Every structure is written in C-alpha cells, then in structure tokens.
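A structure with imipenem (open form).
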Amino acid sequence: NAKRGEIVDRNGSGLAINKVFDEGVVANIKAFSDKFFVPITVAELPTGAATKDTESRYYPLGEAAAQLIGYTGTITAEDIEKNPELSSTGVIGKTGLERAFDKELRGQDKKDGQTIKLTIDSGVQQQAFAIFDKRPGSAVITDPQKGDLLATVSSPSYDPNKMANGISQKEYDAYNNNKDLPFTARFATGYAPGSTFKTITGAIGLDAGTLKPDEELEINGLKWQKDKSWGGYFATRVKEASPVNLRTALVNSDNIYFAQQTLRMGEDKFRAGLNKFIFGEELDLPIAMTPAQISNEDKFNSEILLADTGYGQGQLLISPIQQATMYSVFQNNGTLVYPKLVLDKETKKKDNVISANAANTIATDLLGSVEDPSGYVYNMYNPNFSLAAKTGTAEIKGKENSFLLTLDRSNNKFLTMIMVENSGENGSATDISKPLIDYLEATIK
Ligand SMILES: *C(=O)[C@H]([C@@H](C)O)[C@H]1CC(SCCNC=N)=C(C(=O)O)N1
C-alpha cells in the first residue's frame, strides 16, 4: 500500500495531501446516528461502534480550490475495468487535478506517488474566492510575463473533503439541486468576453492603421446604427460625450466608437488581427477547455454581428483562462504568454500578437479607469501603485455578466480576470474585487 502523492502550491503549502484521522462501525445504526472497519465521521460508544487511525485525503484550502483540485473516491467496478493495477480499497481521482494527474499521484502498491508542485498561490487563491460570497462567478489571476496561474477560482463551490471521505445524500443532493451548479469549473467554461474585449479590438485597430488614437470622432446620441438595414439593433453607450478619441472611449465604455472603428476596418482586417490570438487552439493545461471561437461560421455574414463582436458580444466564446491569456499581450509589449499550471513547466509564448506600440498605447489609456475620478474603477485608485483596468458587461439573450480586467503596470507581476454571473442580481465584478486588488498590490506588487 503506497502513499498517494501530494499536490502542493508554488511555496510547497499543501493543496491535496494526506492526514491521519481517528474515525465508524464494524436501532444500533440509529443509536450511532443520534450521537455523532468502516469509517463514518471523525471523532461511551454505542453497540457496534469503534475507532481506528485511518489516513484520509485532505484538502487544506477546502472549497476555495475544489473545482481545480477536485476530489478522490473508491475505485469503482467500472474504473478498474478500464486500465490496470487497481486495489479494491484503493483511491482514484474522480475530478480536477486529482484525476488529470492520477497516474503520477498514485504510484504502484512499491514506489510512493510523486509530488506535483503547482503555480497556485494559496494566499491569492483564498482571497480571490472570498470576494464572491456564494455569488456565481470566477476569478483567474496570473503572472502575465511567465504564465503562472496564481489562482483559478469558481463560485459557488463545494466541500471537497466531504465528497472524498464521506458526504450524506442530503448534502450531495443539495449540491446537485443548486441552480448555480457549484460543481462546474467556471474558469474553464466559455463565455462572451464583454466590453473588456474592446481593448483587443482597439489594438487590432491601431495596428491595422484605420484607428487613430488622437482622431476625434463625432458621436451624438445614446444609440447608433449604420443605416436602416440594421433594423432594431443599435450600438448603445451609457453616457453622452463628443468628440470621442481612443482613450475617452475606453474610459467611458463607448460601443458606438468601437462599432464604427470595427466597421471602418472591416471583417477582413478585424479577423486578420483576431486570428493572431489563440482562437481554436487546445492548450497544454491539464484543465479541460473548449477552444475559444470568434463566431459560429468562418465569416460573420452580418454587419450586426461584426459590430457586436467588436465589443465582446455576438458569438464570441472565450473561457476566463483563455481571456487571461489573450489579455497578457498588454503587459508583454504585444507578446502573448500561454498559461502554466505546473511550476517547473517552461514558459511558452506567441510572439507579436499585437505590436508593442499598440499594447502600450492601450495599457496606458487603461490607467484612466483607475486614476480618473470619473472612471469606473476609481474605487480602487491607489496613488502609490500603477494599475490599468477595464470593466465590462455582456448581455445574454435578459441577463448580464460582469467582467473586470486589471493589469499590474508597476512591475507587470499580476493580471486579474474576474467575472460575476447574473450581474443584475449579483452585482458587478468591480463591487467585490477591491480586497483582491489590494491584496495583490501588497503581496505580488
Ligand atoms: C459593453 O460594452 C456593455 C454592452 C455590450 O452591454 C456596455 C454596458 C455596460 S454597463 C450598462 C448597464 N449597467 C449600468 N450600471 C458597460 C460597462 O461599462 O460595463 N459597457
């Protein structure tokens, strides 16, 4: 009987480890149930009860990292009849990294399982989970220049220690009957990026030459369409301002400005620049994801969809992890940095996804979201720290999702991608994210 390997964080702190507990049994079942060898619960005894020192799989961060780490279980009859070397009372990973790394972690019952060290920072993981407070959402924090996944959070969550060691049918049905679905790994689920995506459309415009950062576009009204052929669809903005240049459009969230710049460049110039990103790519992460997509077809076949895609709507599906990877070009002078989860994995990059001038131009104008008093992220303003940010929402056809992207511009050591589902009921991502941004500005700097 070999010991299961440990999953540890970037500092060696435990994420999936082993711990000895003093657990059970070997009218009497009701007498045992009305007071607290087959273990039951962790510890003058009823008839049939006993205690023993059993080693159990333990997760220190608990629900804070449940979807990422996953849980283990007994080797089912269907599990052993699928591979080789399986004990009747063995332990196999059922989900998360406990499954994806199960081969390395279980060993052979005799060499012990190997220890896998991750990029996760436990302190960041716990902070990033604590801001949600049962709200449905996700948070992806990364080292933008190296790809390190410092945290991958999905909310709501579940207790991984009970699912692995002993959970009642009532607690499991409560987890399954949750409309928010705590078992899903929202950081790996594809969503529309929302207004935050305008950063990338802006960069693509700067490089294509059709978008001038100092050009003063005349925009009047709260809604705009190319002509009558658009029907009832309009590009809408929340505040009236004119004339609008690149910096003011990014601070005021002006879809009319970016719809016009997207129609100005055209589907070909827009797709030329989008294709340099990781659309369609399966990544090397041990997390299962559907590749990001631009639209359902190879061509928009619709000026409405072309403009809609310009500000993160339309048929865009990008997961939070893939969104973090795409947005890393602003902290690497246009170079994209793939995400890594294992700490000793080499950093993988994709050179010149956008130009260095376009990356820095966008990144500089995004300081206004935090530093200008009228900006939407002014609540997190800090005179001693350079932070660029960009809020955004995405309407799903009568619900909205809230997105917040922040970039460390003092040392380019962190990047955050936060999402709150059903933001009309659960609030924006900007309203809950300040403790996370403050925590990261002090730790990661
Ligand atoms: C993105 O650009 C969205 C649009 C695609 O729906 C707009 C709308 C929003 S917020 C308007 C409703 N909430 C008001 N408090 C913005 C944004 O700044 O998040 N961009």
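The residues of the chain are indexed from 1 along the displayed sequence. Header says: X-ray crystallography, 2.6 Å. Order of appearance sets the numbers: ligands from 1, and atoms from 1 within every ligand. When reading the values below, keep in mind they use all heavy atoms of this one structure, side chains included, and skip hydrogens, waters and symmetry mates.
- Of the chains in this structure, the chief binding partner of imipenem (open form, ligand 1) is, as the PDB entry puts it, pencillin binding protein 4 (PBP4).
- We find a covalent bond linking imipenem (open form, ligand 1) to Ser195 OG.
- Heavy-atom contacts of imipenem (open form, ligand 1) within 4.0 Å involve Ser195, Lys198, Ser253, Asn255, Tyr311, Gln313, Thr391, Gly392, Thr393.
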